[PDB]
Structure formats: C-alpha cells, structure tokens
A.B. asks: 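Adenosine receptor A2a, bound to istradefylline - let me ask you about this one.
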Amino acid sequence: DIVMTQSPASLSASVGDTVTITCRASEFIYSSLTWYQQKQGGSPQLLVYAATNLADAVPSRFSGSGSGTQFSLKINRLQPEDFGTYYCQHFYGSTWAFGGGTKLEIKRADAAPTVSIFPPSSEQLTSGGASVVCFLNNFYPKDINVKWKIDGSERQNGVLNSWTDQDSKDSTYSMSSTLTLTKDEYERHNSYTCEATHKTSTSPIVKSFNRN
Amino acid sequence: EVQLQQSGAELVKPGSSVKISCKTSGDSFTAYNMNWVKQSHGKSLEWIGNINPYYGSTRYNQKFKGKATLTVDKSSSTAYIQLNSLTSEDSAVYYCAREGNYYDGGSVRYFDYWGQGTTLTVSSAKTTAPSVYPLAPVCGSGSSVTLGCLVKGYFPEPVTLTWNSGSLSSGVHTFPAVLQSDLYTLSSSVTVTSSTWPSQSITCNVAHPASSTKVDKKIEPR
Amino acid sequence: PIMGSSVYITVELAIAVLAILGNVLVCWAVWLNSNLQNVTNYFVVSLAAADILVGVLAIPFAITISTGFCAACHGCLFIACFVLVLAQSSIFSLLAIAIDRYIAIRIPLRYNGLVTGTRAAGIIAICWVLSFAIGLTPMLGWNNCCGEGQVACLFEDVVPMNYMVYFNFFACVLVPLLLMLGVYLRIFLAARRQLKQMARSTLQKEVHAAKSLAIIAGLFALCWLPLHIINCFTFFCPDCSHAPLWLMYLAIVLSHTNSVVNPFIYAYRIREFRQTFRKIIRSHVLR
Ligand SMILES: CCn1c(=O)c2c(nc(/C=C/c3ccc(OC)c(OC)c3)n2C)n(CC)c1=O
Ligand SMILES: [Cl-]
Ligand SMILES: [K+]
C-alpha cells in the first residue's frame, strides 16, 4: 500500500508570515492528492482537492501545488484562524492513506521553565502510596527532558508525564512529571530531585527536597 | 450540503462489538460513496474503507479487513460501521466522510463533508472514583508560590478540576489524563503572589460524574 | 503522373504513422493510470482503438484503391468498405461520451446508479458488431457488380452512391452528429443559466472537460463533412460537374487527418492525459 510522507511534523510561525508543508508519495499518484485542516476538537475540513484546487470558502491565501511524488501546500499570509494540524491524503487506486500531519503553532520568544517539586501528601502516605510531583510551567519551545533522582541515583521506573498545548494567554507550554513508589520504598531513601534540561539553560534546572 | 450526524461516544469491554451510526441528510445518500476514517493517538489518520450505498458494495483497507464492517440502511439514509473482537488498540475517534467524485478526464476524489466523529473507549476496568491529594510546597522564597492537585486512579474519563469553585482562574495549568495501569491520573498546578498564601484559603474542586462523587481538598502548609 | 501521385502516397503514410503512435499512447496511458480507468475513457479507447486501425489498415486500403487495382468484387469491397465500419465505431463512441457527459452533468445524482463498468463494456461490444453490419452492408448484397473474373476497384464504382448518402450519411453519420449537437448544447446552455444563480466550482470543472470531448466531436464533423457533402452533389446533382480529383484527394486525406488530432487535443486540454503522456515519454522512451 502507498506510504505518504508529510514534513515537517511540527512548525511554528508568527501571524502574517508565509509557510509551506510537504507531502511525498512512495509511488507516482499524478494529481490525486487532497489537503485537510483540523482545528482543536474539530473534524478535518477539506482545504484543497486535486493537488491544486481550492475547496469553496477556503480563503485564497491557501494554495496547493505539485504532481507525481512531491506536493506542497503554501499558506500565504497566516491569520489567527490558520493555526491547527494539516494532513495530506492520496486518492490513487483502490486503497488510500494519509500523512503523519503537520501541527502549525505560534512562535514566541524563548522562555525557561518554572520548575516546582512536591513531596507526597500525608493523605497518600496514610493509604500506603507515595507520589512525588514536578511542574515545569511556561516554557518555549516545547522540547524539554526530565530526569528523576533518588539520593543522586537516577530512577526511570514508574514516572508518568503530561503536556499542555500552547497557553491561549502567553503561547507557552507546560508539563507534569509524577514519580510513584510504594510508601515502604519511599521511606528507605531520603532525597528526591527533579532535574529538567531545556534549551534556554545549558546546565539542567534542578529542584529537590529532603525528608528533614 | 450533505449533513453527516454520527452516534455518541461508546465505552465497551474487550471482546465486545460496537455499531456506530452515520445519518446523512439533505442530499442523495446513494449518489456517492460513504467512507470511514480512524483518528488514533490524537494525530494518526487511517482509511478504514468505504461503501457504495446504492449497490452496498464495500472496499476495505487490508489493515481493517476482519475488524471493520461497513453496512448501509437506504430508507433512513444511514451508513453503519461495526467493530468486532474490540481490543484497547481500537480505542480512537472514528469519522464518516462523504467522497465527492467528478470527471475532468480522470476520476477526481475528495472527502468534502465529515461527521462530528465518535469516541470508542475499550477497557475492562470498573467505574472507579479518584483519590484527590493536595500538593503544598516543601517546608521552608519566590515572589509567586505554586500549589498542586493530584487526581489519582479513576475510571472512566472525564473529571472537572477547578480552584476555589472556578473563581481562581489565572495561573492554572490542568494536564491531560494519562493511563496509570488501566485507571487514569491527572494533575493541576496554580501560581499566585507570595502573600496570597497561606494568608487566603485555596481549594482543589474535583467532580467525577461517572461515580457521582465530589471532593474538595484545601492546600494547607505541611 | 509520377510526381502528383507521390505527394499523396507520402502525406497519407505520414498521417497513417502519427495515427498509430498518437492513439497507441492514448490506449497505453489508460492501461497504466487508474485515474484514467473510468467509463467516459473506455469509450475514448474504443475511439483510439479505431483511429489506430485507420493507420494500420484503412489508409493502405485507401492507397491500393487509389490506383484502381484488380480483384473479385466482394474481396474488393472489403478494402473500400473497412474505413466505413471504423468511421461508425468512431461516431458510436463520440455519442456514448456525449451522453455519459449529459447524465453526469444534467442528472449528477443518478450517474452512480445509471453508468457502470460492466454496461459500458457491453455497449462497446454491441456497437462494434453494428459498426461491422453498417460498415460492410455493401458486402451483404447492396453492391454494384484487365482479367475475366476480376473488377477494376474504384470506390465510387463498387460501393453504390444511394447507400453512401441515405444509409451511411443521412442515417448513420448526420443524425448521430446532429443529436450529439442537441446533447452538448443542452449541457452548456443549461450550465450557463445554472452557474449565474446558485457545487459551483465542481460544475465548471466537469463542464470544462465536456468542452474538450465536445471539440473532438466538433473536429470529426469538420474532417468528414466536406467528403460526405461531395457524395451528396455527386449523387443528388448528376447535372453538376463531378468534384475534381485534387479536391477529391484533399477531403479523402482531410478525413484520415481526424485519426491524428484526438491525442493532441487530450494533451493540449486535459491535464490527467498530458501528465500520463509526459510520464510515458520520460520514463519509457527518454529512459
Ligand atoms: C468512406 C469514405 N470514403 C469515400 O467516400 C471515398 C473514398 N474514395 C473515394 C473516391 C475515390 C475516387 C473518385 C473518383 C475517381 O476518379 C474519377 C477516383 O479515381 C482515383 C477515385 N470516395 C468517395 N474513400 C477512400 C477509401 C473513403 O474512405
Ligand atoms: Cl433532463
Ligand atoms: K468543492
């Protein structure tokens, strides 16, 4: 079955600048390729059909191009509304596929994360669980990495992560990391540390606590 | 303008089956193929298959042959899809979409109109209520202080987590549910000027409508 | 007559080879590209299929007939009359396209139910049979019958003129051609009205395509009409100087010309063909 290759997976841009997205077919599909737009919690909207044809009510600032294996969609003059995920899809032969998709995002000045660590609630200790929590808030760009450390020794085991999307206010990201151990085992070690490496800071930003 | 109206969210046991509706309206249902599309992991988009509603003939993607089953009821203008031996890999949003078609020398082909989509959630987990843990900072300088809430081990989604009954709104980040084993976990943070706490009360309000529960934990200094 | 004869004999074979290459490239393009395998195009093949055999057979026939060679009358008529069966299966295809395009654009919503692969194939098969019946009825017994068992073959002597004007022209060419006209006129004028007040974008696009296939039909008529209109004067007015041989040879060739243009129009007007023509020339000849 023909594989589509969409690039870039992600791309950030300010309102009112020009952008292009690429779709490669693993076989010659001539002009049989459609572009679609998906906003948060919406269905795909048909954007371009037949490689080069604007769907009705799509603004003229949108336009697709190409033939055979290489097709690009160009969005001329970005508007607030244009941010969202974009997919290509072929319609050659009897069995079709899509691209990986392309999250168009808002670009803003680099921001370093506000790291905050939390020991386990007495509530939770009481119930025989121990969860240590780390909040990395209001950072750009989205690329970040988080090590957990118990008495200096790294822990990979039972750590669960979550990510927000671009804050509607300041276009930043945020992230939550929850290290979870048996209460018995939380009692053995005495130092818990959350070690976050981002672009904005060359040495990793560290936050920690001791059971005093 | 064809109007596609799908069925509502389903929640079914592994091994079970499930039949999602797509009611077309205000155009010829039998004039054009009705396709299905699976959006999985929030980004990935697969083509499941299509049906020619006139002839009731089906073309399936190999992947979904022996999972998906495209039926059609012509009288009502309703396209169905049935999914069998459901496993957790099946949990995704499924869309019906109408395939436009004309001749310019070739057969032109595009999904022009799409349903609102339908959430299938497959789990053998039992309806379970959250443990809500308060997160206060370490004992012992920031201009603004950050406090947390941890909602551990509930099923199914969703919950509603608000601060001081919604009144406290600025400075809040509430994070997507991640599966912890077969249950769910979620977290929320809130930041406020140093003198706002512990000076003023601040409470984490969690509603789990699936277990008709409600829990308010006040963040208290350790 | 060593000089004048010769320009004809070449201009003919020139055209004969264009018709083989231009229309093999059509037929290849369809075999290759799925996007081209649709009902409308199976008829554009049945047309290419024919305009091919004009080059391979009809023109050689038209050249040996040119001389006035000797043959038995029945084995002679076949050479004379094989161009006629092809001319026929051209008009059947040209019409089948025009009606396919009527349905698709006037009654879009029922096109799916109505037009299908299987039916197109059967229609094509039926027409080819009629095409043979209509093409060589003079073989059936409506004919006009050096060496003692032979006959000097000249078209206008073995094929009867009343068959040529009534049953071939009026009946089998002028009628389908007219009601082709009726059909395209209704599509375009309907659309002109329909576009002005109101998928708007989609109609334009499937129309544009029709204008293309319509222009094919246009040229068929332009190419054949002169020759048929001569067959009328030659017959209906015997109190008229019979059209001279230079004007005769012109319209004989003008007709053969029609088997060449079809592929050039597909290229100059229709992207999906142009792209498949390009890709065949690029990948298979240039590599
Ligand atoms: C079916 C369509 N059609 C025709 O209708 C047709 C024709 N050749 C002639 C005529 C040939 C001809 C006429 C007068 C001549 O000399 C007085 C003559 O001698 C060369 C040939 N006609 C009328 N050919 C060529 C095969 C033809 O295809
Ligand atoms: Cl009508
Ligand atoms: K459209």
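In the text below, chain A, chain B and the rest are named by the order of the sequence lines, each starting its count at 1. We count ligands from 1, going down the list as the structure has it; atoms in each ligand are counted the same way. The way this entry was determined, per its header, is X-ray crystallography, 3.2 Å.
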A.B. asks: Where exactly can istradefylline be seen in this structure?
C.D. replies: ligand 1
A.B. asks: Using a heavy-atom cut-off of 4.0 Å, enumerate the other chains touching istradefylline.
C.D. replies: C
A.B. asks: Any chance you can tell me which UniProt adenosine binders of chain C have a heavy atom closer than 4.0 Å to istradefylline?
C.D. replies: C:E156, C:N231
A.B. asks: I'm curious which transmembrane segments of chain C get a heavy atom under 4.0 Å from istradefylline; can you number them from the N terminus like UniProt does?
C.D. replies: 2, 3, 6, 7
A.B. asks: Quick one: which other ligands or ions are closer than 4.0 Å to istradefylline?
C.D. replies: none
A.B. asks: Which residues make up the contact shell of istradefylline at 4.0 Å, heavy atoms only?
C.D. replies: C:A62, C:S66, C:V83, C:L84, C:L154, C:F155, C:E156, C:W224, C:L227, C:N231, C:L245, C:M248, C:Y249, C:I252
